[PDB]
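Here, tariquidar is shown bound to Multidrug resistance protein 1.
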Amino acid sequence: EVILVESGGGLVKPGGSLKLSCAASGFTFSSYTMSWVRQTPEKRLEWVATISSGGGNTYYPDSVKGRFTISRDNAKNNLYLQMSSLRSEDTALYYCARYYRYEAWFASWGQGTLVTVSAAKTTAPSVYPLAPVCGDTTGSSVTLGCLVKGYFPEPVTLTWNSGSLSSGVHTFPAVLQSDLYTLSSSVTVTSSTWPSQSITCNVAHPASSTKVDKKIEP
Amino acid sequence: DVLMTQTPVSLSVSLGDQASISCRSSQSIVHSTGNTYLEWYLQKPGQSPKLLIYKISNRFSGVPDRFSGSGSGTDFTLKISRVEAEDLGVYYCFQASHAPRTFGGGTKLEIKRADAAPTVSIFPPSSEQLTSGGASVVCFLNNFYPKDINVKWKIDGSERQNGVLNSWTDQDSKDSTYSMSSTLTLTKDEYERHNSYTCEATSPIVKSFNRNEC
Amino acid sequence: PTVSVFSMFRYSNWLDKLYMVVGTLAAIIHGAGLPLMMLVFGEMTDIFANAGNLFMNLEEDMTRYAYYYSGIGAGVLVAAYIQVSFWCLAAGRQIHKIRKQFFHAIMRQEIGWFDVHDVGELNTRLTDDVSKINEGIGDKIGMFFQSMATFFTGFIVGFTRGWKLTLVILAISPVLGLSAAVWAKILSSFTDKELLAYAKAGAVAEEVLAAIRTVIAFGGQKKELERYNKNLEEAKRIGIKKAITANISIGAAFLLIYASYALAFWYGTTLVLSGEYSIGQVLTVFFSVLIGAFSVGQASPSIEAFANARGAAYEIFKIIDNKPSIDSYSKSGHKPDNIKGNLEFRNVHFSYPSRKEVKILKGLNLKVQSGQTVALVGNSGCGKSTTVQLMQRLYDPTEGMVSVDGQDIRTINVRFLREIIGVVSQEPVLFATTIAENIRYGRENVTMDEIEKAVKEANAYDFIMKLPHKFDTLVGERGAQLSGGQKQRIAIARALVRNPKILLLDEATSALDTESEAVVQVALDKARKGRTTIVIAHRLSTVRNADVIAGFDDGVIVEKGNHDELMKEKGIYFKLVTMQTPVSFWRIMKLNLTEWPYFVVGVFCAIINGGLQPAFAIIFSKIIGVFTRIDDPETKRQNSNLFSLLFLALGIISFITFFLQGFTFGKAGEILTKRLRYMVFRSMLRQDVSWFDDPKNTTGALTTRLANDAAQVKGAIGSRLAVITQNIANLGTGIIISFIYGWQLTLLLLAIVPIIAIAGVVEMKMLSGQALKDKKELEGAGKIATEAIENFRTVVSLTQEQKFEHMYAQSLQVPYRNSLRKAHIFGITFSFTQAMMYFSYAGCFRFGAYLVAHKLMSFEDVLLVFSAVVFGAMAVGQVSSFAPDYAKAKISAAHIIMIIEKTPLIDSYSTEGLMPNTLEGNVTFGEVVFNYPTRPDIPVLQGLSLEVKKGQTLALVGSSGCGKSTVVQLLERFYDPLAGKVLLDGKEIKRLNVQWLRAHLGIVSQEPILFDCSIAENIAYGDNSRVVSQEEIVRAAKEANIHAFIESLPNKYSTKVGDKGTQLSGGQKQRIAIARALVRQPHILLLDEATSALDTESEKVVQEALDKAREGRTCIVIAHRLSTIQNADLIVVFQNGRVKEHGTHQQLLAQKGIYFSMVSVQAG
Ligand SMILES: COc1cc2c(cc1OC)CN(CCc1ccc(NC(=O)c3cc(OC)c(OC)cc3NC(=O)c3cnc4ccccc4c3)cc1)CC2
Ligand SMILES: COc1cc2c(cc1OC)CN(CCc1ccc(NC(=O)c3cc(OC)c(OC)cc3NC(=O)c3cnc4ccccc4c3)cc1)CC2
Ligand SMILES: CC(C)CCC[C@@H](C)[C@H]1CC[C@H]2[C@@H]3CC=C4C[C@@H](O)CC[C@]4(C)[C@H]3CC[C@]12C
Ligand SMILES: CC(C)CCC[C@@H](C)[C@H]1CC[C@H]2[C@@H]3CC=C4C[C@@H](O)CC[C@]4(C)[C@H]3CC[C@]12C
Ligand SMILES: CC(C)CCC[C@@H](C)[C@H]1CC[C@H]2[C@@H]3CC=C4C[C@@H](O)CC[C@]4(C)[C@H]3CC[C@]12C
Ligand SMILES: CC(C)CCC[C@@H](C)[C@H]1CC[C@H]2[C@@H]3CC=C4C[C@@H](O)CC[C@]4(C)[C@H]3CC[C@]12C
Ligand SMILES: CC(C)CCC[C@@H](C)[C@H]1CC[C@H]2[C@@H]3CC=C4C[C@@H](O)CC[C@]4(C)[C@H]3CC[C@]12C
Ligand SMILES: CC(C)CCC[C@@H](C)[C@H]1CC[C@H]2[C@@H]3CC=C4C[C@@H](O)CC[C@]4(C)[C@H]3CC[C@]12C
Ligand SMILES: CC(C)CCC[C@@H](C)[C@H]1CC[C@H]2[C@@H]3CC=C4C[C@@H](O)CC[C@]4(C)[C@H]3CC[C@]12C
Ligand SMILES: CC(C)CCC[C@@H](C)[C@H]1CC[C@H]2[C@@H]3CC=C4C[C@@H](O)CC[C@]4(C)[C@H]3CC[C@]12C
Ligand SMILES: CC(C)CCC[C@@H](C)[C@H]1CC[C@H]2[C@@H]3CC=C4C[C@@H](O)CC[C@]4(C)[C@H]3CC[C@]12C
Ligand SMILES: CC(C)CCC[C@@H](C)[C@H]1CC[C@H]2[C@@H]3CC=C4C[C@@H](O)CC[C@]4(C)[C@H]3CC[C@]12C
Ligand SMILES: CC(C)CCC[C@@H](C)[C@H]1CC[C@H]2[C@@H]3CC=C4C[C@@H](O)CC[C@]4(C)[C@H]3CC[C@]12C
């Protein structure tokens, strides 16, 4: 099928310049229009650019014009969006896109990359275990938790036991307050699981190279 | 500039029936050549939006034939029928007729189900956090319905704290329930000064911790 | 003219009707080959688009379409062949028939009718009209039908695929078809236009190159050159205007084609993006309709050719149908048995229908018995030859009735009467065939014993015994190989082999000596006893032994009786008897170097025309690609508008480039041709006369060289440069772009490029209708038809229609057998090359689908390689066909250089030599011998000598052709003798100045010649490098007694005289010749036949100016009339170039010699 894979982005300061490149494989890339679409944290969507196939036609909405350039390198099937002068509002998730014959603009979306534009030093999160009072025997189950606080930017990863625990997980969306993010996750395991074998909370904050595994103990 | 507005934003629907979304487009969106060029998109919770219809009547190759679409001039609609829990997400309209291109506001879907009480759980602050001068008590309200639920924090029983940080997950695709966490954040000193705090979900659902550590 | 359409195909068997029907069906099928190809291609493009957008099925589908293409290929192969060959065959046969019958009809014709039309024009007319008819009938009709089919198939395909786009292209189609017609006409007629432009000059060139010896005698070479320069300027201006117009029209045609591409693709993108039509369907419709509307343009050369054929056909079928009053072959003619010699003429009045206003004959009555030798005496002008021609029924008398032995000629067969009258006319001419055949030309079945008897009667066996090939000697043209006496003796034998019943001699011993004339007359009296005989001669030695002598006067036979009867009658005959008792070089551009600017610009535009083919591919490919790729609508609309604009811009710059290339190279050709014609003409005027003697150089070869070689040098240089440049651009760029984009396909198409180029060339030659090699070769068989009518002597001697009609047919039979082989070979060559185009279309696109399949190259690339290479090759072919052959033009430039750098013996511009300030006027010839450079074996002179003093009227009397004008050409520096010594007042002429001797003297020519200008100027002609006063003009006109005829004429001194004074009479033009010589005031004056055609009162008024002006100047008069000879000072008589008698006239009258026989001839 069509594999689209974005890379670049991350954290940048206003007036800054970044380069997002989306490697595209499987569909003779040199013959398809390619667009770039964006989605903001308010959950709205917008359009950010298109570029014709191996050609010079580029389109832009008024905002991004003059500040955003779009290009494609067919030698390796790559698509590069180069942003500059980043206003504080372009914080967003950027998806590549492909063009479907029979005129259906965005057919196959690649995976989104996250770009954050704000004047704030990368803050590492504080990971705290969450357990009941001395391992309370609740019904026939035990609910554990993990609390990451004081983290920025938003991209953060949380798994239980390197991904072993996935059946009873509840990762809650991060809430922003005072230029710092707070996120939490729960996991529900039977009473015969946690006190016997310890559960560990795996947290990764790429922007500060933070990676910590906090075991949940009673 | 064309502005696209979807009438129904929160369209909750019973499992098994037919649900319809309606998007109204100004300026009678019509390309020069003669094609309306209005498309719909679906986005599942935690995934990248995908194509449903590349035209008002045409359906993208790979879409169940229960998704129908119908549209005349400056008005368009989408009829989903036989709602199935895999059809839960957000629905967007895109128009490429005019020289700028604009997605409409998202519309959210909801699989109507029966009521369900949350499995409440309260957690005292960790020792490490108390060492750094903070004390955050976290309460989990997992797998309930509907989303409209209150949570009250009660320190020393009588007090009602209000500096809490709530967070809801989107409706789960398996059981269609909701989950929320309430994190009451106070200082280590204000916390060491009391030892009676609970978490009430609203005949409420009470949960409390006798002491800070055990 | 344009009548009897069905009659032109009158000479058509059944097989040719079959050939024509089958050929036209094959034509229509050929015509439905291009359109269907465009349909298949328009579907293949849909397949490539869909499969690319997705493609493992691609290859398989393309296999199918490859079959389809190959299918059509084979079809268009067979149809093509059957068309061309068959039509050619039809034309071939018909032409042959027409040819063979035409000459037959030409052979039999009343002699009066023959007088009305020129021999040269008629002879040319046969061949040229037949070639024009054949050009029509052969292929123009088949190509018309092919074009008609291609057009209708195109429009129907265009209307079934999609009707809206084909409506639009119908809307702009008239302008397209008219462009095609104009362009085709131009390419076909570009070579013809030049021949029409140059004609006015060519006339004057021909006049003055004809009368070279005269104009040289008058020094008026410079003035003549001026006239020629004027006509050249006019020809240059006409040619330049025609070049501007041809090239503006071709430029506009290209601009229109490119604007049509731009319109069609703009509208085609509106449709495709609207969803109505696919891209391959737009391609189908557009190309079918464009090609169908270009086919209409090709029809016009075919329709024009047919009109021409009809025109020439009318004038040839008139000559065929024309039934003369007197036929040469009659089956109804009554033939007699007991043929006894008896002649009856009574009240015979007849006049020549060439000049019917004058009546030479006013009735003659004669009765001649058998064995009666009748001689007729009288001065030249009564018509002895007229009676001879009246005898053989070459005409009919307007009054009375003639009869031979009782019954009249008017009811009896003509051929049977013509065979039994052996006649020898005034001049004999030996045919080219062997002497055995010539003597055999009397009758059919003669053996060599009768031949030997007849030649021994003719006493012409000694010179047969001395020369090799005693019965196998091929005598040259017009009896030039042998002497005149041998000629007339063998002509007597040629008459005698018929064994006739009535013998008629007309001046049978004109140039014959004594003993041979004697033995011939003895032989004539040897065979006169069984036959009737009539002898006409000037020598009275063969007349005195006749039966009856008679005398003409004003056409009426006045005196009759025997010798002694006319003796006692004391008439004119009594007075007569009383008085009697390689290397070629590349220096053909070094002469046009001065024009290098025009070439540089012309090379530049040249490259640009060549470069256009690749650009048009790169955009064409790309434009189709705008619908192959997967983009949004707006990108497709913008890129299609951009490439349509590029189509418009390519058209505008094509217009500008074609106009400039044409205009510049065309003015280069014009200027080169002008300068070459002028310089060659100048060097021809300066050239000596002996050079005009040589048989290799003739009056016509020079005119033909002037009008062809000077015109082909421009081709040899300019066209070569422009062709190599256009082609190198158009093919180098194409093969390089194709090498870059995809090499696998480019090798496969490079393997075929040769055949596509050759196919373009072959199609260009079909359109250009290049003249047929077969007739060009067959020219060898035309000299028979030329000679067999030119002679008109044996044809009169014997009807000879069978012998020469059959020799012509037989010589014609050999090229006919070659013409059919040519028709088959050329049909096959045409069919194979076109079929190869279609198969190339299949194989290229199949290999391209395999390549696209394995992701080696895109579809735009296979399309760009196809266009830029295949059609680049076809354009290489067409443009290399337009180029003239380089070998012909290179040899021709070498010929022109040979003439230009030729050095003349007797320089005419130099002033070096002996220039004395004074002279006296005495001339002294001693031991002068002269042989003609064209006749090195025959000496006309044998060491003459002469002494002339001041004012000595020196008469020169002799036979016709004894060196009479030779002494003139020896004086006027025409031919310098090999031996002898000439002293001009003790000053040798070989050391003096060349133009001083030609400036001093002045002569009247042997025949008066007049330039094409006014009579006052024409009479004045004679003095140059001098302000010509009109008082001397009117004084000379009064002294020559021409002032009356000039002052009588309207626009008296501005009256335009035609070529060689053909408007006014002979005595007047001879008189104005006298007034031309008179303005020279020569101290040495020569007269050559001053009274050839002049009245008796005009001879005195001419001679009075001479006698009053003979003092002071040496005068030398040569004439046959004794009136100016009696009053001469000294008289010289010649005999085979030897001075026999000289001195005073009384001394020659005292000692009776040959001058006594000369003087006393008609006096008393
Ligand atoms: C396989 O082909 C065929 C070839 C022939 C025939 C039939 C065919 O069957 C079809 C029959 N005989 C005569 C018909 C004919 C018609 C026109 C031309 N000469 C141009 O057409 C042309 C002239 C330009 O200069 C004067 C020029 O550049 C300025 C661009 C020109 N044309 C193109 O480039 C072109 C046009 N259509 C194409 C369609 C598909 C693929 C490639 C294409 C390329 C030559 C001969 C002889 C060859
Ligand atoms: C004094 O200086 C010089 C001046 C000149 C020359 C040489 C000179 O010096 C030595 C030579 N020059 C010759 C140029 C030339 C050669 C051959 C053709 N022959 C066809 O054009 C054609 C014939 C068809 O049959 C008779 C036919 O049949 C249907 C379709 C034909 N053409 C097409 O179809 C077609 C198709 N697409 C086109 C696209 C763009 C542009 C043209 C297109 C044409 C046209 C022009 C003219 C000026
Ligand atoms: C010169 C012709 C008339 C004789 C040769 C055989 C002809 C009749 C055959 C050979 C190939 C055939 C064509 C091949 C493919 C197509 C495309 C299809 O969509 C319509 C029919 C059509 C156009 C066929 C018509 C008939 C055809 C042209
Ligand atoms: C004198 C002329 C008209 C005779 C030529 C015969 C031609 C015109 C005939 C013979 C075969 C016919 C074709 C056969 C098949 C098709 C396919 C169809 O989808 C369009 C019409 C089309 C393309 C026909 C057009 C007309 C046609 C090409
Ligand atoms: C003298 C000139 C105008 C003759 C031109 C031919 C005319 C009669 C033809 C050729 C092209 C044709 C036009 C081409 C296409 C269309 C689109 C159609 O939906 C309406 C008719 C219309 C606009 C046609 C009208 C008639 C038309 C203009
Ligand atoms: C004979 C020529 C030189 C004069 C003009 C004729 C051509 C160019 C004219 C005649 C009819 C015209 C067409 C009439 C209608 C339409 C339909 C429209 O949607 C596009 C323009 C178009 C296609 C016009 C293009 C120009 C046109 C084709
Ligand atoms: C006389 C015949 C040949 C008609 C010639 C007129 C042609 C050349 C005219 C008629 C319509 C014109 C087109 C109309 C509009 C556009 C859009 C513009 O963005 C590019 C030029 C373009 C594409 C024009 C090209 C020139 C055009 C095609
Ligand atoms: C430049 C590269 C890529 C390709 C060029 C190859 C050359 C050698 C080819 C391409 C075009 C060819 C020319 C095309 C036509 C002619 C005219 C002919 O009367 C003489 C040969 C001549 C002059 C050819 C000579 C060879 C030629 C010049
Ligand atoms: C113009 C003429 C002489 C061309 C000569 C044809 C021969 C020599 C060329 C032309 C096309 C070529 C073939 C085209 C493609 C393939 C498929 C590949 O998997 C094996 C080689 C093979 C089979 C090539 C072999 C050589 C080939 C057949
Ligand atoms: C006429 C002369 C100059 C060239 C003859 C054409 C031949 C040699 C060309 C045409 C197509 C070409 C072939 C196309 C593809 C292949 C397949 C590869 O595995 C070997 C090379 C080979 C086989 C190419 C060799 C050269 C080739 C065969
Ligand atoms: C280096 C590449 C171009 C090799 C291919 C050589 C080809 C394209 C060149 C070389 C010799 C050229 C040929 C030389 C002779 C003639 C005869 C002439 O009346 C028509 C053109 C034609 C047929 C030329 C066509 C192009 C030609 C075949
Ligand atoms: C120029 C024409 C007249 C002669 C050459 C015709 C070409 C097109 C023919 C001859 C040999 C053929 C090839 C023979 C073998 C193969 C290998 C196969 O796996 C792909 C097709 C392919 C490549 C064929 C394609 C068509 C082909 C290349
Ligand atoms: C030159 C004349 C006299 C003989 C005929 C030549 C023929 C036999 C040649 C010329 C073009 C060739 C065709 C070109 C392409 C293909 C497609 C391939 O998939 C099958 C073979 C096939 C169909 C070839 C068969 C042979 C072919 C048809």
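In what follows, chains are A, B, ... by sequence order, proteins preceding strands, each numbered from 1. All values below were derived from every heavy atom in this structure, side-chain atoms included, with hydrogens, water molecules and symmetry-related copies excluded. Atoms within each ligand, like the ligands themselves, are counted from 1 in listed order. If you're wondering, the header gives electron microscopy, 3.6 Å.
Every copy of tariquidar included, the relevant parts of the model are ligands 1 and 2.
The heavy-atom neighbours of tariquidar (ligand 2) at a 4.0 Å cut-off, by chain: C. Taking a heavy-atom distance under 4.0 Å from tariquidar (ligand 2) as the test, the passing transmembrane segments of chain C, by UniProt's count from the N terminus, are 4, 5, 6, 12.
Across chain C, the UniProt domain dominating contacts with tariquidar (ligand 2) is ABC transmembrane type-1 1.
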